[PDB]
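Opening remarks: the structure here includes ergotamine.
In what follows, chains are A, B, ... by sequence order, proteins preceding strands, each numbered from 1. Numbering of ligands and ligand atoms starts at 1, following listing order. Just so it is clear, the values below take in all heavy atoms, side chains as well, and ignore hydrogens, waters and symmetry mates.
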Amino acid sequence: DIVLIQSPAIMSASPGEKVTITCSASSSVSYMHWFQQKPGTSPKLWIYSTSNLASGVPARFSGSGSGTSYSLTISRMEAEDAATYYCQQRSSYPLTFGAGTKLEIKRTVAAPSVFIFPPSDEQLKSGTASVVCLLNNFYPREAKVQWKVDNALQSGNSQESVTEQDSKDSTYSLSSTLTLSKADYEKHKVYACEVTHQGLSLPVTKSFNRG
Amino acid sequence: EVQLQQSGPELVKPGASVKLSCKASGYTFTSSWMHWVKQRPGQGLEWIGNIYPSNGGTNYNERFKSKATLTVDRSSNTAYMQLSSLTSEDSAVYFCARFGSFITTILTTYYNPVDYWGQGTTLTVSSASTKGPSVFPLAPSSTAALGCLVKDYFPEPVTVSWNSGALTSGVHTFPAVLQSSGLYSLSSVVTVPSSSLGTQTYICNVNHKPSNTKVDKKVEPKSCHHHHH
Amino acid sequence: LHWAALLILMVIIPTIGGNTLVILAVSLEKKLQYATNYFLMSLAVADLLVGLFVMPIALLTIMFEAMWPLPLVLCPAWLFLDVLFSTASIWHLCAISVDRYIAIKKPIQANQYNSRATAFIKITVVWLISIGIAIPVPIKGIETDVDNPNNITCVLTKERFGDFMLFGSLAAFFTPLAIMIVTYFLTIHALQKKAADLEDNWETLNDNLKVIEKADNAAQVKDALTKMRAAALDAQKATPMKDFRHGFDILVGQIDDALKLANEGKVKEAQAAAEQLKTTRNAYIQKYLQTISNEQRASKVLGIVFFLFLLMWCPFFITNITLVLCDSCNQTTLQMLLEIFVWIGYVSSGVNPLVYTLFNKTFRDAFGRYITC
Ligand SMILES: CN1C[C@H](C(=O)N[C@]2(C)O[C@@]3(O)[C@@H]4CCCN4C(=O)[C@H](Cc4ccccc4)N3C2=O)C=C2c3cccc4[nH]cc(c34)C[C@H]21
């Protein structure tokens with residue numbers, strides 16, 4: 001069929017610096033459409049026809065293309081237009097889409113705000129425990145988390161979960177959860193969460209004493 | 001005003017039939033074709049087919065030809081899609097959407113953009129029965145941060161809101177992580193000032209469709225106790 | 001399954017051939033270049049172009065379902081010619097029916113030098129009416145979901161051409177049809193009485209020819225002979241063949257001669273010419289019957305050519321307008337049988353050259369001459 005190959009699959013660009021997404025086709029196509037999908041929302045078309053913008057689209061976008069290879073260029077990089085970009089074919093059937101191109105904003109390093117939540121008494125009534133450590137609004141994505149129970153490193157019990165890049169602050173968030181049994185939860189006293197990040201001069205630790 | 005309301009998320013055993021609906025509103029329904037798109041995260045978007053409401057004419061993709069069957073109903077003004085012989089690879093998110101039409105004269109061809117996509121439908125295929133989510137509060141003690149922990153719910157799609165959608169700033173609903181038990185569990189948080197900690201209430205509204213269970217829970221701060229001297 | 005295209009193609013050949021023989025007959029035969037044929041030649045042009053441009057391309061859509069082999073730009077062009085040449089064919093047939101009527105009740109303006117101009121402005125109005133009804137299609141093209149013509153069906157949608165199929169079908173079919181229905185019942189009536197005005201006047205001509213053969217005075221012979229002059233001169237008016245009307249001139253001339261003897265008082269000399277009138281009658285008795293024989297015959301053929309008209313275009317234009325109004329009716333069951341009624345409207349373009357030429361001797365002698373080269 002008429003597959004659409006768009007490189008790169010993912011790209012990161014700073015504000016002001018400029019981007020050019022390419023969407024190359026398998027055959028010679030009449031026109032090319034473009035879509036933007038922000039995680040959590042359905043895709044909305046951004047450029048109908050090869051070079052005409054959709055309704056409500058900023059003028060900084062600029063699409064240009066020939067027959068085989070098409071492209072999508074922007075004018076001024078801003079945080080509001082960080083998303084995945086698909087291109088589709090409407091010339092002939094079957095309608096083919098591109099794999100996608102995720103855009104990551106490159107923002108000044110931000111320090112995470114660490115929070116720790118103890119397990120509710122309702123969960124312990126069922127025999128399980130879940131200690132949560134929250135890292136909110138930080139950049140870049142990578143952040144090293146560690147669990148120290150009585151100054152003893154834990155391994156295998158944690159499950160980190162990073163969310164998508166926020167559209168407003170351009171910052172991520174990480175959710176690390178320490179799952180333990182009530183049997184082993186009563187055997188220890190303090191539970192700590194030591195996190196280190198290039199946005200931190202010294203690794204910060206946020207702990208709590210059971211009860 | 002153009003709104004395409006779609007069916008809800010569903011868990012269906014493999015080999016059974018699925019019936020997804022797509023309600024239309026805001027226009028005559030019969031003016032444009034009704035396309036269908038399947039989105040499997042990581043692989044991109046794939047075109048299923050389209051249908052024309054007036055005549056009922058349907059076109060399918062070469063792959064989704066034997067699997068999916070597209071129908072419409074002018075009385076109820078909805079567009080259906082039946083997936084038969086459900087395999088494990090057919091677990092994805094499905095969209096219904098109208099696309100613009102090219103108007104072709106002897107002079108030239110015009111195209112008008114009327115592309116409007118509808119809400120997605122998360123379909124999951126597995127033999128395991130659904131389990132309701134166990135929502136647990138995440139209280140502060142010592143700006144503060146709140147949250148709620150949804151644990152042990154099998155079909156993935158679940159929604160969380162704070163104060164019936166009144167709260168939206170500083171809210172981050174993390175993606176679900178797959179537990180060792182085979183059950184998902186996500187968690188959403190919200191950052192609020194310490195002055196609104198005792199003067200205002202905060203309730204998370206968990207809603208899980210397949211389990212057909214909805215539970216709201218109030219997050220209250222943990223009260224400290226004066227340790228004796 | 002492709003065999004049906006066999007018979008469908010055996011409908012295209014006569015349409016091309018038949019209408020091409022009419023064009024070759026009027027443009028090459030010096031004895032056929034009179035006014036009313038220049039207008040019939042135009043009907044063959046429309047019927048030819050619809051069998052040469054519309055009908056062949058319409059054959060591909062039946063074979064290539066949901067496909068359009070030609071460029072997508074030519075889809076609105078082919079649809080423009082489907083309505084154009086069809087509306088022209090219908091209005092030409094309508095303009096013929098009305099002329100067939102006026103040409104009977106009043107053969108006025110039968111000059112060849114001045115009846116050819118009216119045909120030239122009669123032909124141009126039909127082509128301007130047919131255009132005006134078929135012109136909006138190419139203006140507002142058809143909307144399609146795809147750009148490539150190999151994945152589209154060239155057809156007018158109910159939504160984009162809703163009010164056109166309604167207001168366009170009336171100006172093309174139901175408007176000229178309304179005229180063709182009344183002009184029919186007024187034509188069958190125009191020759192119902194003229195066929196009766198000939199007999200009653202012909203019997204008035206006998207009764208007076210009976211009485212003057214049995215007379216005693218000179219007043220009865222000139223009363224009955226004057227009643228003959230009027231009756232004979234009115235029966236001449238009730239004929240459409242100048243030699244039969246020439247027969248009345250001869251007769252009336254003999255009426256005046258005998259009516260001149262009656263005023264001189266010579267009764268038995270007037271009856272000498274009255275017996276000569278009885279001879280003049282016996283010579284045209286045969287042609288009097290062939291006149292009424294051709295009257296009852298012309299009355300029925302006008303019913304067949306008219307019946308075949310409503311027999312072929314009604315099933316389409318009725319089904320067409322029904323698909324625009326009725327929403328309870330099964331939309332797929334109508335346009336399934338509408339495909340059939342489209343080709344019934346097409347085959348009319350092939351019968352028209354036949355039911356308007358084969359009933360004439362000079363056409364047959366000329367057709368076989370170019371078939372023969
Ligand atoms: C013979 N010719 C046929 C031609 C035509 O139907 N061509 C298409 C492409 O073929 C169809 O029949 C197909 C096949 C079955 C389903 N189809 C339809 O539904 C629609 C008609 C329709 C449109 C919208 C709503 C209801 C019906 N078709 C089309 O448009 C149009 C003509 C016409 C239209 C209007 C005035 C006219 N005067 C003379 C004429 C004429 C000559 C006359």
- Query: Can you list every ligand or chain that belongs to ergotamine?
  - Reply: ligand 1
- Message: I'd love to know the main binding partner of ergotamine in this entry - how is it named in UniProt?
- Response: 5-hydroxytryptamine receptor 2B
- Message: I'd like to know the other chains touching ergotamine at heavy-atom distances under 4.0 Å, if you can.
- Response: C
- Message: Just curious, which residues make up the binding site of ergotamine with non-hydrogen atoms under 4.0 Å?
- Response: C/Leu79, C/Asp82, C/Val83, C/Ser86, C/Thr87, C/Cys154, C/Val155, C/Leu156, C/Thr157, C/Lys158, C/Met165, C/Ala172, C/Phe316, C/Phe317, C/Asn320, C/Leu323, C/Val324, C/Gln335, C/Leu338, C/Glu339, C/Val342, C/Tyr346
- Task: Give the UniProt transmembrane segment numbers of chain C, counted from the N terminus, with a heavy atom closer than 4.0 Å to ergotamine.
- Result: 3, 5, 6, 7
- Query: Which residues of the UniProt ergotamine-binding set in chain C does ergotamine share, counting a residue if one of its heavy atoms lies under 4.0 Å from it?
  - Reply: C/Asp82, C/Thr87, C/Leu156
